[PDB]
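A short worksheet on the structure shown next.
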Amino acid sequence: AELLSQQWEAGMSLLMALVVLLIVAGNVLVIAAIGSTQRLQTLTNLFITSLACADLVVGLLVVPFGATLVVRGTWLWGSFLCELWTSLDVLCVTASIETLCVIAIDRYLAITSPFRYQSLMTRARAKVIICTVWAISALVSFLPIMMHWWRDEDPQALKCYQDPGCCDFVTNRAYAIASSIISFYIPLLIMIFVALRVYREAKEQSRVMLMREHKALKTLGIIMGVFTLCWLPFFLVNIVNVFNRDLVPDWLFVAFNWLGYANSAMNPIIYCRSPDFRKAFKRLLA
Ligand SMILES: CC(C)CCC[C@@H](C)[C@H]1CC[C@H]2[C@@H]3CC=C4C[C@@H](OC(=O)CCC(=O)O)CC[C@]4(C)[C@H]3CC[C@]12C
Ligand SMILES: CC(C)CCC[C@@H](C)[C@H]1CC[C@H]2[C@@H]3CC=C4C[C@@H](OC(=O)CCC(=O)O)CC[C@]4(C)[C@H]3CC[C@]12C
Ligand SMILES: CCCCCCCCCC(=O)N(CCO)C[C@@H](O)[C@@H](O)[C@@H](O)[C@@H](O)CO
Ligand SMILES: CCCCCCCCCC(=O)N(CCO)C[C@@H](O)[C@@H](O)[C@@H](O)[C@@H](O)CO
Ligand SMILES: CCCCCCCCCC(=O)N(CCO)C[C@@H](O)[C@@H](O)[C@@H](O)[C@@H](O)CO
Ligand SMILES: CC(C)(C)NC[C@H](O)c1ccc(O)c(CO)c1
Ligand code: NA
């Protein structure tokens, strides 16, 4: 009884601390490696840094908070922090997929208009892109949440909003679909379309130089495909719930959300296909 709890509490607190550590280590590495290598300060990696910041925010803030909830069984941090926690969660996924769109666009341009691309893309402009992405993302995630557009009238819903120990995120059907379409599905579709255009013009192509490039593009390809596998199952279930809560077991809907959080750990590992990243990872770790 009370032993079964202690075992679970402490073993979970461990797995959580491990994930926290892996995300936070992995992404600090990426930021520092780009931060301390002129070789690796390309325009494209500015977008990678932005992406790794998003994952960093999942490691320091999203996952710790969510861990305390999973381990201890309730929300211990009050109303305001619960909403702000939810905000940051939605914020991160949105910035992540929007940054992936920028990256696929950056690559499409650089590959079919290398001349137009050169005279257009500068450092001051890649900064503007990155902030515009974070602004759009914060707009679409904070405001509806802090304005309670996500709330429902249900008895269950109000049971939970009054209770300070509840941080369930029970939303209405409108917010569920709007949020999914605006935060995930639309950028997901843009990023697919632009990723297959990029793959067309990739095949339709000094040989050593082109192999090294296509290695980098596949890396980016993997980045995207894995982000899509980690999140697509959750946003599919998010939708289907609105029409039928009986079609998918609750535990799996929770699982799928964690799979999402887990994606924050994967990019630094995947960037180990790069010799340049790998040399900077070792040099840094001292
Ligand atoms: C409290 C929550 C909402 C988190 C707040 C996150 C933002 C304030 C962070 C996340 C991504 C960051 C950006 C990620 C990458 C860059 C690239 C970087 O480009 C450079 O001009 C210097 C890099 C170089 O040339 O070596 C400047 C900071 C900037 C715009 C960062 C500005 C601040 C951002 C938008
Ligand atoms: C809210 C959801 C439904 C929209 C998801 C779309 C975004 C992932 C992408 C699509 C096109 C992208 C835009 C493509 C081009 C630009 C111009 C870009 O470059 C500059 O403005 C620099 C020029 C300067 O120096 O002033 C700023 C970001 C922005 C709006 C990008 C922001 C992110 C956008 C809107
Ligand atoms: C959750 C994130 C949400 C971001 C919050 C919105 C802020 C809007 C962006 C912004 O304030 N800037 C654009 C950022 O590019 C200002 C910068 O231009 C600033 O640094 C300037 O003072 C100098 O560039 C000029 O000397
Ligand atoms: C970018 C995110 C944008 C989401 C914005 C959607 C806001 C829609 C407003 C809304 O739907 N409600 C008001 C909340 O402001 C709640 C109602 O849906 C609900 O309370 C009842 O009418 C139920 O009985 C369902 O029919
Ligand atoms: C509210 C009750 C929720 C209780 C269940 C919480 C599950 C904890 C989530 C977690 O950390 N993982 C399970 C994820 O389902 C492990 C992941 O790190 C794992 O998926 C990845 O390591 C691999 O997929 C890739 O190597
Ligand atoms: C329920 C909990 C843990 C806050 N998950 C939120 C989930 O990660 C999520 C992320 C992004 C989104 O756009 C939505 C929209 O329903 C939900
Ligand atoms: Na509550």
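All chain A residue numbers match the PDB entry; in order, they span 33-237, 278-358. Whatever order the structure lists them in is the order used to number ligands and atoms, beginning at 1.
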task: Select, from mefenamic acid, imiquimod, salbutamol, the drug or drug candidate present at ligand 6.
output: salbutamol
- request: Identify the main binding partner of salbutamol here and report its name as listed in the PDB entry.
  value: beta-1 adrenergic receptor
UniProt-numbered TM segments of chain A near salbutamol (heavy atom under 4.0 Å): 3, 5, 6, 7
- prompt: Per UniProt, some residues of chain A bind cyanopindolol; which of these have a heavy atom under 4.0 Å from salbutamol?
  reply: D121, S211, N329
field: Binding-site residues of salbutamol, heavy-atom cut-off 4.0 Å
entry: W117, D121, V122, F201, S211, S215, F306, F307, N310, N329, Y333
